[PDB]
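Throughout, chain A uses the PDB entry numbering, with the displayed residues spanning 3-156 in order. Heads up, header says this was done by X-ray crystallography, 1.4 Å. In each ligand, atom 1 is the first atom listed, and ligand 1 is the first ligand listed.
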Amino acid sequence: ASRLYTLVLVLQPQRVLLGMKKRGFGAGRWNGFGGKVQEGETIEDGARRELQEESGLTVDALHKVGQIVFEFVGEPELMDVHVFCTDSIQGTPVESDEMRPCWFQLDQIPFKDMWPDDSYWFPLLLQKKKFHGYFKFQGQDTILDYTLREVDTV
Ligand SMILES: C[C@]12Cc3c[nH]nc3C[C@@H]1CC[C@@H]1[C@@H]2CC[C@@]2(C)[C@H]1CC[C@]2(C)O
């Protein structure tokens, strides 16, 4: 009862690209670029596709940095999110109907307007750590329970 997703962070030496979700689910929060993995696609190829489709960037190399399971109490399906990083991109971000991209300096990451779990694992991603996490939510705002650990192998 777990569904595969990817989440990709475009991370350069002193800045990160985030996209504000403009409409629909999770609207009003900044996030990386993510989506469902397709039948017949590897997780990595899904991550590349989601990044390119949502941001307009071309990614040349991607690195897996974490895996986070999300549970919403009462909802049967878990989200098994595979998190990736890249700093080897081409092109410029494209604003769309769905997504407004902005670059952020690392000291100005907008955690108050992100999913609350990000406050826990983003610092690990920024420090080039790898991790395994689990977050149990009640609705979209409240973390009931979590675990997070650093790993050498995702
Ligand atoms: C993985 C997300 C995004 C996120 C960033 N930091 N933390 C999170 C957790 C959050 C958990 C819910 C996910 C949501 C992604 C969009 C999902 C899968 C949504 C469920 C349905 C939808 C819109 O497809």
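- Between stanozolol, tegaserod, palonosetron, the one at ligand 1 is stanozolol.
- Contacts with stanozolol are greatest for the chain named in the PDB entry as Oxidized purine nucleoside triphosphate hydrolase.
- UniProt 2-oxo-dATP-binding residues of chain A with a heavy atom under 4.0 Å from stanozolol: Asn33, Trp117, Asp119, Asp120.
- Checking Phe27, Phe139, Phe137, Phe74 against atom 16 (C) of stanozolol, the nearest heavy atom belongs to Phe27.
- Heavy-atom proximity to atom 21 (C) of stanozolol, evaluated over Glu77, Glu79, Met81, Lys38, is greatest for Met81.
- Taking every heavy atom of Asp120 and a limit of under 4.0 angstrom, the matching atoms of stanozolol come to 5 (C), 6 (N), 7 (N).
- Lab note: most residues of chain A in contact with stanozolol fall in UniProt domain Nudix hydrolase.
- The entry's source annotation for chain A reads Homo sapiens.
- Measured by heavy atoms, stanozolol lies under 4.0 Å from these UniProt N(6)-methyl-AMP-binding residues of chain A: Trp117, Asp119, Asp120.
- The shortest contact between atom 7 (N) of stanozolol and any protein heavy atom is with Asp119 OD2, 2.7 Å.
- Looking at stanozolol, you won't find any N or O of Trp117 less than 3.5 Å from one of its N or O atoms.
- Counting only heavy atoms of the protein, atom 18 (C) of stanozolol lies nearest to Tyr7 CE2, 3.1 Å.
- If you number the atoms of stanozolol from 1 as listed, the ones under 4.0 Å from a heavy atom of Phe72 come out as 7 (N), 8 (C), 9 (C).
- Of the protein's heavy atoms, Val83 CG2, 3.9 Å lies nearest to atom 1 (C) of stanozolol.
- Among protein heavy atoms, the minimum distance from atom 5 (C) of stanozolol is reached at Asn33 OD1, 3.3 Å.
- Residues touching stanozolol within 4.0 Å, heavy atoms only: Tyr7, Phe27, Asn33, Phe72, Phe74, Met81, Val83, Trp117, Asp119, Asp120.
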